[PDB]
Each structure stands twice: as C-alpha cells, then as structure tokens.
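Accompanying notes for the structure given below.
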Amino acid sequence: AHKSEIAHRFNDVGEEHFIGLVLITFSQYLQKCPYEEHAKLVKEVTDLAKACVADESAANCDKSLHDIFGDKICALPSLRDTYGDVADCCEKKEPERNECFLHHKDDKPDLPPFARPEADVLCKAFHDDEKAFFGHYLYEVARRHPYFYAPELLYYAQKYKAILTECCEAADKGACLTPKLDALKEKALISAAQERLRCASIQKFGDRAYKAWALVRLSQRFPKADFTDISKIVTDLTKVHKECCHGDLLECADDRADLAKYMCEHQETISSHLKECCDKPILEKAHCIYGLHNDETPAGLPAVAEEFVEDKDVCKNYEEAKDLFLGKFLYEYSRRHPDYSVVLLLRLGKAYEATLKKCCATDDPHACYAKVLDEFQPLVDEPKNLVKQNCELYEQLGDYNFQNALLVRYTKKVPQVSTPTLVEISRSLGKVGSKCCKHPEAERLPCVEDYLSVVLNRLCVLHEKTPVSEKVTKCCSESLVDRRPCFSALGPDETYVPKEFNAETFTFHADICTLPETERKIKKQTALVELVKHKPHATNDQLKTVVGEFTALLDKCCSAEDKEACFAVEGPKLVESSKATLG
Ligand SMILES: COc1ccc2cc([C@H](C)C(=O)O)ccc2c1
Ligand SMILES: COc1ccc2cc([C@H](C)C(=O)O)ccc2c1
Ligand SMILES: COc1ccc2cc([C@H](C)C(=O)O)ccc2c1
C-alpha cells in the first residue's frame with residue numbers, strides 16, 4: 001500500500017495510459033456491458049484519480065483499487081443488471097467481491113465477431129474522434145480477450161493508430177490498409193494466446209510453472225546473463241503477469257515499465273541486443289524486450305555434464321536445495337539451447353528431475369544417472385521428426401487443406417468438443433505451417449512447439465467451463481509441459497456415437513453470401529467438422545466430395561440477380577447428394 005494507490009498509479013503511468021488501463025480493466029470484468037457504461041466508469045474513475053492526485057486525503061482516495069473498481073461497478077446496477085449474472089458478487093465485500101468478478105471472466109463470450117468496417121468507414125470514424133475510436137477498440141478487444149496482456153494492448157492501439165494514419169489518405173484506403181492490419185491482427189491473436197497460456201499456467205499450475213517456463217525462455221533469450229539476473233527478471237515478470245492475469249492492470253503496467261527500466265539500466269550484463277529496445281518510447285520499449293531475438297550463445301561454456309552428471313555433489317544439491325539446483329539446470333541447458341522450444345527444455349528438465357529422483361535413492365546415484373543427458377536424445381528426437389513430417393505435409397497441401405487435414409484429424413481425436421471450437425483450433429493449428437515451415441530446419445522447433453503450446457492451451461481453456469471430453473481434460477490437466485505430446489498421441493475416439501444427419505447443419509440462406517471468402521471458408525470448414533462427426537469412417541475422398549459440392553452450392557447461387565431461390569432449389573438436392581456420397 002501507498003497512502004493513495006490510485007494516485008501513485010495515476011502519477012506513475014500517466015493519464016492516457018491510465019485511462020487506457022482502466023478502460024481495459026472494466027471491459028474485462030463486465031465484458032457484456034455496452035461501451036457507454038464503460039466510458040462512464042472510466043471517466044468516473046479518472047475523475048476520482050485527478051481528485052486524489054490533487055489532494056491525497058479526498059474520500060475514496062485511500063481505498064484499494066479493487067474497492068474503487070468494485071464500488072463503481074455496483075452503481076452499475078444503476079445501469080440495469082438485466083444480465084447481472086454476477087450481481088451476486090456486488091452482494092459480498094472484498095476480497096470475495098473481487099474474486100467473484102474474476103470467476104466470471106469468460107473466454108468466449110457470446111458476441112458477434114469483432115467486425116472490420118469498410119476501409120473508408122474505419123478511416124472516417126478514426127478521423128472524427130481518435131479518443132472514442134480507440135476507446136471502442138480497447139473496449140472491443142479487451143472484452144473478447146479478458147486476459148489479454150494489457151500493456152501490449154495499449155501498444156496495439158498505438159500501432160493500429162500508426163497504420164491508420166498511414167493508409168487513411170492513400171488514393172485507395174483499403175489496399176494500403178487491409179494487409180498491414182490483418183498482419184497485426186494475426187500478431188495480436190498470438191499475443192492474446194501467449195498471455196492466455198501465462199495466466200492459465202499461473203492459475204491452474206501455480207507460480208512455479210510460469211516461473212520455470214519463464215526462466216527457460218529468458219535463458220535462451222539472454223544466454224550471457226548470470227542466473228541471478230535471469231532470476232530477478234523471472235521473479236519480476238511473475239509478479240507483473242500474476243497481476244495482469246488477475247485484473248490488477250495498473251499495478252501490472254507500472255511493474256512492467258519498472259522492469260524494462262531495470263533491464264535498460266543493466267543492458268551491458270544482460271544483452272547487446274537490448275540497445276535497440278532501450279532507446280525506444282515506453283510501450284515499444286517493453287514490446288521490444290518482450291519478443292526480442294535470442295542473443296548469441298557466450299563462448300567458453302563448460303560442458304553441461306561437468307556441473308550436472310559429474311559434480312560429486314549432484315545429489316547433495318538436488319536434495320538439499322531442489323529448486324536452486326533445477327533452475328540452475330534449466331538455466332544452463334536452456335542458455336546452451338536456443339534451438340529447442342521452451343516446452344521441450346521444460347520436459348528435459350523434467351526427465352532430468354525424475355532421473356535424479358530415481359538415481360539419488362541408490363547406493364550408486366552417479367552410475368544410475370551418468371547417461372541422463374544422452375537419454376535426452378529420444379525426447380529431442382520426437383518433436384524434431386514430427387515437425388519435419390508435418391511441414392512436409394504443410395508444404396504439400398497448402399494452408400486450407402492443411403487446416404482441413406487437421407479438422408478431420410482433430411474432430412476424430414475428440415469429437416465431443418463443439419464444432420466451432422474444433423473449427424477454431426484446427427485453423428490455428430493449421431496456421432503453424434504457414435508460420436514456421438518457412439524458417440530453416442533448425443529455427444523451426446521452437447517456432448512450432450511454442451506456437452502449438454498457445455493453441456492447445458486455447459483449446460483447454462475453451463474446454464474448461466463446459467467440459468465434454470475426458471480425453472481433453474486429461475491432456476489439459478495432466479502436465480502443462482507434456483500437453484502437445486499428449487494431444488499428438490490421441491488417435492480416433494473409440495467411444496463416440498456418431499451424429500445424425502441434421503438437415504440444417506448443411507442448410508443456408510442468402511445471408512452467408514454476405515460473408516467474405518474468409519467467412520465462407522469457416523462455413524465449409526464447419527460443414528466438414530459436422531461431416532466427420534456424422535460419419536467418422538468416411539474416406540477423405542468421400543469427405544472431399546461433399547465439401548467440394550458444398551463449395552459448388554455457393555459458387556452458383558451468389559450470382560448477380562437472385563440468390564434466395566437457388567438455395568431452396570439446389571439446397572435439398574445438395575443435402576440428398578451428400579447422404580448419397582457417404583452412405
Ligand atoms: C525458478 O523456479 C523454478 C525452478 C525450477 C523448476 C523446475 C521444474 C521442473 C523441472 C519442470 O516440470 O519444468 C518446475 C518448476 C521450477 C521452478
Ligand atoms: C510443424 O508443423 C506441425 C507440427 C506438429 C503439429 C502437431 C499438431 C497436434 C499437436 C497433433 O495432434 O498432431 C498439430 C499440428 C502440427 C503442425
Ligand atoms: C493426410 O492428407 C489428408 C487427409 C485427409 C484430408 C481431408 C480433407 C477434407 C476431407 C477436405 O474437405 O478436403 C482435405 C485434405 C486432406 C488431406
């Protein structure tokens with residue numbers, strides 16, 4: 001506690017961010033309330049802050065940020081809690097009142113997807129009022145991604161603003177703007193996932209999990225750093241994400257900026273590469289540190305087996321100080337290994353731990369553990385080959401079929417997962433190919449596995465509240481590190497009773513012709529999940545034949561003049577066709 005937290009935070013981060021952070025905080029709790037309630041609490045909360053800044057003894061100035069946040073939300077029944085799904089929470093005081101709000105964060109609130117207006121419509125909306133425009137935007141992203149790394153979101157606001165400035169006075173708005181914007185959106189969709197996994201890891205496996213994973217990553221990134229300095233960054237980063245993940249976004253943003261200050265302050269003993277982040281303005285600085293390229297591995301690194309197979313004191317260290325020593329290991333194997341994905345290193349360190357567990361209980365531990373590292377080869381080998389195989393098949397099929405290949409895979413693995421979920425995940429899984437195979441072989445594993453780790457996690461967190469498949473609970477619950485293996489290991493389900501031919505899941509309306517080719521794809525891809533759900537022993541060619549025909553229903557019927565009639569004309573004949581081609 002400061003004497004007035006809200007003031008400290010307000011002076012620390014500044015008005016514009018502070019408004020930013022508070023908008024996001026609110027957007028994130030009450031994701032279902034319309035923009036105007038939000039702006040209301042935001043300004044209400046900014047007013048109180050400016051007030052406190054002014055004189056620290058004003059009323060409410062001593063309350064915790066939660067208390068302030070809470071109170072304001074309960075003159076939000078003043079704007080009818082018609083939903084009010086969590087008016088329950090307002091009933092209790094803290095900390096329950098707050099804990100309660102976090103329970104209700106929803107990872108897929110029932111909202112029309114964030115819609116892209118026409119290049120021109122964006123451009124004007126942006127010309128008219130920057131404030132409102134990016135308010136709405138912060139509002140809209142934050143509420144679909146209730147765990148989105150807040151500070152980065154502000155960053156994305158600042159980038160989206162640069163792109164808008166760029167494109168909104170080109171002779172053609174759209175062509176300047178839509179690629180640059182898709183690009184960035186795909187990137188935000190990744191960051192949202194990354195952060196989601198950090199939170200998931202924190203909340204469901206505990207601080208140690210984010211710690212461990214963090215140490216590994218930074219060890220690869222900052223190979224030259226002593227283990228002391230990597231630990232401090234890890235502990236600071238833990239705090240920031242614990243905070244960010246828990247809605248304490250202001251403290252999180254302060255703590256974050258504090259941490260980047262520290263690294264910049266200490267770049268010499270951390271990394272050469274830091275220079276190019278540390279000159280930058282506040283958010284590009286933290287952004288830049290955040291996805292910085294790995295430094296090169298220091299020269300003169302002793303073999304890893306001196307310290308870990310050969311010290312007489314191997315068991316003495318694992319026994320007397322297990323965290324200290326195993327972090328050391330994750331630090332040392334990791335800094336020596338930018339070519340691995342974090343989760344691979346995590347697994348390795350995990351095998352390294354069981355081996356010592358098993359071997360230090362012997363009369364001869366060394367003789368037991370001596371091969372420990374060589375025995376890593378298999379674990380290094382399993383994903384190595386997998387990637388080569390999958391990128392083979394990516395190269396072969398191309399994005400759309402690579403996604404289809406996975407939809408069909410996945411829907412067979414875990415058919416009880418709801419369709420749009422399966423459609424979503426398989427598209428993202430698909431995305432890995434396009435994302436990583438392009439890199440040269442050695443660069444790929446990290447790219448792939450850690451990307452997969454984010455996507456699989458999206459699957460888990462989607463699957464969590466509305467849990468339907470033992471197979472996914474198991475893989476999601478059992479080990480964070482071994483998730484991907486586990487999902488890869490899944491073959492066809494042997495329990496699922498196949499779905500019935502629902503006339504409508506292959507039915508339509510003129511409206512779907514309003515959907516860009518992209519949305520149209522998801523529609524066929526939903527058709528295809530449905531179809532494997534109907535007949536799972538259906539051949540690829542069979543499946544390809546119906547999806548191909550479904551593709552041909554659209555291609556005729558969204559013709560110049562009348563679209564409505566055809567659907568009703570071929571539609572049922574297109575149903576009939578499909579049942580025919582399958583059996
Ligand atoms: C800085 O705190 C740590 C250090 C070492 C850890 C090792 C492990 C095992 C080896 C693992 O399952 O990765 C877990 C958490 C850890 C946290
Ligand atoms: C480099 O391309 C890949 C490699 C491994 C993958 C694994 C999976 C999931 C985990 C699976 O169940 O097979 C999906 C996509 C993949 C693409
Ligand atoms: C291992 O190569 C495959 C297997 C199954 C596939 C299924 C599909 C679906 C049926 C499709 O609608 O085309 C596509 C590509 C595929 C590639």
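Sequential numbering from 1 along the given sequence is applied to the chain's residues. Both backbone and side-chain heavy atoms feed into the values below; hydrogens, waters and symmetry mates do not. Method reported for this entry: X-ray crystallography, 2.7 Å. Counting starts at 1 for both ligands and their atoms, following the listed order.
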Original post:
What's the drug at ligand 2?
Top reply: naproxen
Subject >> Chain with most contacts to naproxen (ligand 2) (name per the PDB entry) >> reply: Serum albumin
**OP:** Find the other ligands and ions that have an atom under 4.0 Å from naproxen (ligand 2).
**Re:** none
Original post:
Which residues from the surrounding chains have any heavy atom less than 4.0 Å away from naproxen (ligand 2)?
Top reply: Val387, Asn390, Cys391, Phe402, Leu406, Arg409, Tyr410, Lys413, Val448, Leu452, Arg484, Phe487, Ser488
